[PDB]
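Report on one structure; see the data block that follows.
Numbered from 1 within each chain, the chains take letters A, B, ... in sequence-line order. So this one's X-ray crystallography, 1.8 Å, going by the header.
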Amino acid sequence: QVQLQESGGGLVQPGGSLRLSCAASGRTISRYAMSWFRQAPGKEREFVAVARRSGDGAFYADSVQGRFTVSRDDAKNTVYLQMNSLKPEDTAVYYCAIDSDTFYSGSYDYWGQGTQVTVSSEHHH
Amino acid sequence: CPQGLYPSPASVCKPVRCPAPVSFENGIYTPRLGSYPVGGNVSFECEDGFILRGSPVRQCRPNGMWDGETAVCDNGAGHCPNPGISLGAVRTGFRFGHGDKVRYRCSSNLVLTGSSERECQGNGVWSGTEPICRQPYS
Amino acid sequence: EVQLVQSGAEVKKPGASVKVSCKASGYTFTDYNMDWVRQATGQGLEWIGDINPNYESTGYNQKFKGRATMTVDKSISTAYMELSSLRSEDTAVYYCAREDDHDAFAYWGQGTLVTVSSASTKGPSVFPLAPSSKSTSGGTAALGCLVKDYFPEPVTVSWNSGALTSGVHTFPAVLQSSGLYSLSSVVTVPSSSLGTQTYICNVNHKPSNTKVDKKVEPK
Amino acid sequence: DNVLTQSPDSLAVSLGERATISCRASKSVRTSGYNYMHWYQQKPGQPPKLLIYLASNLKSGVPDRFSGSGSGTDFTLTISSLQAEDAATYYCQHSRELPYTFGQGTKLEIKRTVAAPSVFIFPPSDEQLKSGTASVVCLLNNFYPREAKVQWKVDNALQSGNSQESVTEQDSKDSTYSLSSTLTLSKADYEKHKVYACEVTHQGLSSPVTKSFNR
Ligand SMILES: *[C@@H]1O[C@H](CO)[C@@H](O[C@@H]2O[C@H](CO)[C@@H](O[C@@H]3O[C@H](CO[C@H]4O[C@H](CO)[C@@H](O)[C@H](O)[C@@H]4O)[C@@H](O)[C@H](O)[C@@H]3O)[C@H](O)[C@H]2NC(C)=O)[C@H](O)[C@H]1NC(C)=O
Ligand SMILES: [Ca+2]
Ligand SMILES: [Cl-]
Ligand SMILES: [Cl-]
């Protein structure tokens, strides 16, 4: 029984940068891959990135390659998503999920509730 | 041919190679090759409970002969010391008590020099001289 | 320059013996030991033993328990490896390999497949994997051939006598509990071509001297 | 015997980037001023090829993007700038003592972006069915990374013990994998049931996807 909680969402202008966090409790996650997904309104949930175990690599969707970076702090039981060069189409709720399969087949059994990232010029001066 | 090469019969100038051990009982040697280039080195090591006598490291000379002295791993239990097997030679007889004997032959075109048979004498010394398998050239 | 050429693939029953040959050329045969190394499929490399042609003296990996015997015939520059009391775990590709002066394996033979099994040599049955609405995405359709119940490896599969190569995926064989192999080959093609273009998979199984051609069409 | 342990067991590297593979020996391979450790490359269907001898020396003809270092018990193979032809399995090997032994092998593949599989399914042919057996085939096409899970369901009951699967090597054009899973049943059991499904899990899927047909 793992609890995941994302933080870091907010309103950023296009071209801006933002870092999301996902903290886990109830289990040490160092043995498990952690993935980021996102869902914009009226669209399907989309894969963003996966951080496998330290030393096993990080892998990205085409749509975010080059702009987003996933990393992990196993001592803090946390994973991060650094987001650069944001576009309005990156607006979505961003979710973290744990892959419960240590062999990395994508058995996403536990999810966070998500954090809203909105990329707009609307509340920026 | 130039130094460090030997011809085909009479007179292809092929490189000289020094002979490998047929065996090295109760020890190992490195690198373990079928023959050794001029300038190459072979290093000998003994297993537990054995004394390494002779040269632990030997180099192959331009005339196809090893320098130093034949290495052997000796447990010291014989009346005579383990006489070893000089490189290029094959030996028969594996008892080193008083009166026992060993026989040596060379291999391929190697020319045996020294005593082809040696007996363990009363004073603990092997009779004769150590056989040495010399290259036919040089 | 230096070439090591091995004898062909072998199939043996458990308890039998196999003798693999390795003909050397391009160097003075007595300058170097000949070594033998094996590799099970999807597995690592295991050293078997070596022989010095000057003396016909040998060294062996103790794990083989005297089952391996190495010999040479200097007159024809050939080394032999004989492995007796064969088990199914001895199924592997066997290589002769020759050291350089650094005691690294600088030269290797092409490998010899030895298959150890109670199965008898048998050609495959070939069944279509027909395109349908369940194998279509966009304007493309996947179709294939199931090549089932053959022994030993290998089979070769081609499409339209080798005239179709793009989009082909031929999977590794799996060994079934019957002791016979099975594999599939699939290709992706335009859905519009299914009514006009014929697709045939050509299966060649050299151990049984069998060739099968199967037309694959929509149901 | 000397046990050689390589790490990682596999790794994905982008073209142009550095790849490093490690080999740790349980006993020192150093003696007489040399480290008796060698590295080989192996591609499918071919013998290994010697790249690096005595830890750090390039064999003639090997490109100089390859290098080796280390001493004693700890050794590394580095490719300074990975090229497509460098995808292969790498092996370390010692020649310090007998028996010669090899590392278990490190598979080096080309990294690309994640791609979820396209899932297809094929009923058994009528020809096979006449012979008494039914093979149902699930195809996962062009996905990345390689790891995936396929589960068979028959009239919504999960199956076990009656399927086998096989995966291709990385595709030379798009660097993806494909996988087939085959469910094998008797004709009699095949004709007792209606719905045949494969459920697919993959790290690029937010939930498992199911492909099915009705007999
Ligand atoms: C077996 O052990 C022997 C004893 O240790 C080894 O002998 C040594 O071999 C080295 C190398 O051959 C000799 O060094 C000399 O090197 C020069 C060339 O030097 C030029 O290149 C070097 C870099 O390689 C560079 O530092 C310089 O600036 C030079 O421009 C050669 O011309 C000589 O031939 C000589 O070889 C040592 O003198 C020698 N030591 C002894 C005590 O003889 C032998 O190499 C070992 N054999 C094997 C196969 O490992
Ligand atoms: Ca050797
Ligand atoms: Cl990593
Ligand atoms: Cl290069």
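- At chains C and D, of the options ARGX-117, IMC-11F8, Lu AF82422, HDIT101, the drug present is ARGX-117.
- The name recorded in the entry for chain C is Heavy chain of mAb ARGX-117 Fab.
- According to the entry, the name of chain D reads Light chain of mAb ARGX-117 Fab.
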